[PDB]
S.K.: 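Following up with a structure containing crizotinib.
Going by the PDB entry, the residues shown for chain A are 1093-1122, 1125-1135, 1144-1279, 1286-1400, listed in order. All ligand and atom numbering here is 1-based and tracks the order in the structure.
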Amino acid sequence: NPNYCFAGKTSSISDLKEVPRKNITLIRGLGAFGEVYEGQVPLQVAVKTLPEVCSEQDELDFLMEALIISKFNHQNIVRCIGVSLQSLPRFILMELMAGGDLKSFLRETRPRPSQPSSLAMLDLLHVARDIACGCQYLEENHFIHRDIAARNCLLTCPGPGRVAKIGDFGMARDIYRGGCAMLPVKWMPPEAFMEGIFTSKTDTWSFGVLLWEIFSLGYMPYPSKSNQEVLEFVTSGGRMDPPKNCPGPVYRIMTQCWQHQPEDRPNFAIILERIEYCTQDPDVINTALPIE
Ligand SMILES: C[C@@H](Oc1cc(-c2cnn(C3CCNCC3)c2)cnc1N)c1c(Cl)ccc(F)c1Cl
């Protein structure tokens, strides 16, 4: 059984909370490798499954995922309730995030003539703050996520009291121990996709892209550009334009996250400070989002 180290503390498969399989009931499904279900332990959970038809590396990958999420402890990182590894198919049990992933949420909850006031600027700033808080936790514990993106964040509920959390750590899992075409190039800084150099400032760049995703209400970054076109564009100093109706102060946080030199990019303490200032500024939060 592989070991995992986080914050200088080492854990093993023996440290995972094994929940008896008889206590777990699948309720309903919720494309990638494996399925996800809503389940009950009652305690409502999301259940990630490992296909019984998998390789040894798929097994090790699944195990490492369990170890990684079980060792985080922060309000903006999805909780792991436990695992069921002693029966097949193997399960990882997670906090049920009823709002689903952030990208889907943004696309489905866009303001529309039918839902004219579904979202406001403050909703978006709160999501940004939530994920930046999770990112700050990761930074201060020296963990590099490597794929901070809307598709990897989840919401606790659809409604106004929603909290956003980081939910998928597959890329970090892969690196901890795929192909070029699967690399999240549109979320990666130049030194990452060029030299394979990752630091805390890697996630700062990606967070800038997430911010663009949030304020675009769920558009794919770099509209109309392929991965290689983005690589060349960003390497040459190109950056995305502001999302439709994006307040200047918010776009300015994006452009600071996308500084070419990692040393010139803000850490997450500074990002949080700037997001908070935006939330205080009436001219920002009184700005109307586009209606489709
Ligand atoms: C592994 C899986 O986990 C969950 C998915 C979901 C989820 C996905 N979709 N939905 C919908 C269920 C029906 N109502 C709308 C949301 C809920 C909730 N909690 C989870 N822990 C997951 C998925 Cl599927 C996508 C992105 C993520 F970051 C994660 Cl971590």
S.K.: Quick check: main partner chain of crizotinib by heavy-atom contacts, named as in the PDB entry?
M.R.: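 It has the most contacts with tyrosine-protein kinase receptor.
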S.K.: When you measure from atom 21 (N) of crizotinib to every protein heavy atom, which one gives the shortest distance, and what is it?
M.R.: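 Ranking protein heavy atoms by distance from atom 21 (N) of crizotinib, first comes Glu1197 O, 3.1 Å.
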S.K.: Name the closest protein heavy atom to atom 6 (C) of crizotinib, giving the residue it belongs to and the distance to 0.1 Å.
M.R.: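 Of the protein heavy atoms, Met1199 O, 3.9 Å lies nearest.
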S.K.: What protein heavy atom is closest to atom 26 (C) of crizotinib, reported as residue, atom name and distance in Å?
M.R.: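 In this structure, atom 26 (C) of crizotinib has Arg1253 O, 3.3 Å as its nearest protein heavy atom.
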S.K.: Going by heavy-atom distance to atom 28 (F) of crizotinib, choose the closest among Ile1268, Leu1122, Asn1254.
M.R.: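 Of the listed residues, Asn1254 has the closest heavy atom.
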S.K.: Is the closest heavy atom of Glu1132 to crizotinib under 4.0 Å?
M.R.: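 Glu1132: no contact with crizotinib (<4.0 Å).
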S.K.: What residue and atom sit at the other end of any covalent bond from crizotinib?
M.R.: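 The covalent partner is absent; none is modeled.
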S.K.: Suppose we measure from atom 3 (O) of crizotinib to each protein heavy atom; which comes out shortest, and what is that distance?
M.R.: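 Minimum-distance protein heavy atom for atom 3 (O) of crizotinib reads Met1196 CE, 3.7 Å.
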S.K.: Return the organism named as the source of chain A in the deposit.
M.R.: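 Per the PDB, the source organism is Homo sapiens.
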S.K.: Heavy atoms only: which of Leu1256, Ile1194, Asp1270, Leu1204 lies closest to atom 25 (C) of crizotinib?
M.R.: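 When every heavy atom of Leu1256, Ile1194, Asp1270, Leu1204 is considered, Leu1256 comes closest to atom 25 (C) of crizotinib.
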S.K.: Closest by any non-hydrogen atom to atom 20 (C) of crizotinib: pick that one out of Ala1148, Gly1125, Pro1260, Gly1128.
M.R.: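 Going through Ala1148, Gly1125, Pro1260, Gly1128 one by one, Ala1148 has the nearest heavy atom to atom 20 (C) of crizotinib.
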S.K.: Which of these, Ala1200, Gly1202, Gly1201, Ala1251, has its nearest heavy atom closest to atom 14 (N) of crizotinib?
M.R.: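 Nearest option to atom 14 (N) of crizotinib, by heavy atoms: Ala1200.
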S.K.: Does any N/O atom on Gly1269 come nearer than 3.5 Å to any N/O atom on crizotinib?
M.R.: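 The answer is no, given that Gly1269 and crizotinib share no N or O pair closer than 3.5 Å.
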S.K.: By chain and residue number, what forms the binding site of crizotinib with heavy atoms closer than 4.0 Å?
M.R.: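 With heavy atoms under 4.0 Å, it is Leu1122, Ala1148, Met1196, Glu1197, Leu1198, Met1199, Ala1200, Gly1201, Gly1202, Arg1253, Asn1254, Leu1256, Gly1269, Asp1270.
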